[PDB]
Trainee: 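My questions all concern the structure below.
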Amino acid sequence: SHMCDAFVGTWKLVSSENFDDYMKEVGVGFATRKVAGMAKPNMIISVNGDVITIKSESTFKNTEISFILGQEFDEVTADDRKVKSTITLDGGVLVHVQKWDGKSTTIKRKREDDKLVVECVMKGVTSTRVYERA
Ligand SMILES: Cc1c(Cl)cccc1Nc1ccccc1C(=O)O
């Protein structure tokens with residue numbers, strides 16, 4: 001299919017802005033915010049047929065999701081929320097919506113130049129996380 005070719009690979013976090021405020025808006029507690037905010041994760045994206053896998057590896061937590069676009073799944077997030085997730089491709093952007101406890105957050109992953117830019121939005125608060133090839 002080649003749907004996500006330009007996302008595939010191993011990516012390393014190189015910059016972050018407003019992530020603590022995003023985590024506050026999500027409801028993450030103090031200690032997790034502090035430890036999670038230090039992490040410099042590897043994001044590893046691969047595709048096999050229709051199944052996309054995204055791994056996040058860091059000193060804080062190692063997470064993994066596998067999914068088919070448009071098909072809801074269960075996710076336990078790094079901060080231990082139990083959420084219902086749906087990921088779609090919209091105009092070349094991977095759009096990941098998480099629902100839990102009547103709340104919602106959206107994580108967008110986009111290729112921009114040689115970077116993979118991750119925008120995390122909770123209500124009025126956005127955090128931008130910039131990844132480069134590992
Ligand atoms: C670590 C974490 C917590 Cl604790 C809460 C909520 C989000 C994260 N992380 C992330 C989740 C999705 C995409 C990127 C990141 C990132 O760390 O860049």
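Positions are given from 1, in the same order as the sequence printed here. Whatever order the structure lists them in is the order used to number ligands and atoms, beginning at 1. Below, each value reflects all heavy atoms present in this structure, side chains not excepted, and no hydrogens, waters or symmetry copies. Determined by X-ray crystallography, 1.0 Å, according to the entry header.
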Trainee: What is the name, according to the PDB entry, of the chain making the most contacts with ligand 1?
Mentor: Fatty acid-binding protein, adipocyte
Trainee: So what drug did they put at ligand 1?
Mentor: tolfenamic acid
Trainee: Report the overlap between the UniProt fatty acid-binding residues of chain A and the residues with a heavy atom under 4.0 Å from tolfenamic acid.
Mentor: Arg129, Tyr131
Trainee: For atom 5 (C) of tolfenamic acid, what's the nearest protein heavy atom and its distance?
Mentor: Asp79 OD1, 3.5 Å
Trainee: Go through tolfenamic acid atom by atom and flag the ones less than 4.0 Å from a non-hydrogen atom of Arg109.
Mentor: 12 (C), 13 (C)
Trainee: Does the residue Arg33 have a heavy-atom contact with tolfenamic acid, meaning some pair of atoms that are separated by less than 4.0 Å?
Mentor: no
Trainee: Quick one: nearest non-hydrogen protein atom to atom 2 (C) of tolfenamic acid, plus distance?
Mentor: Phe19 CZ, 3.7 Å
Trainee: If you measure from each heavy atom of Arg81 to tolfenamic acid, is any distance below 4.0 Å?
Mentor: yes
Trainee: With a non-hydrogen cut-off of 4.0 Å, what is the binding site of tolfenamic acid?
Mentor: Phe19, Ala36, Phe60, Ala78, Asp79, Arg81, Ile107, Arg109, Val118, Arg129, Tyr131
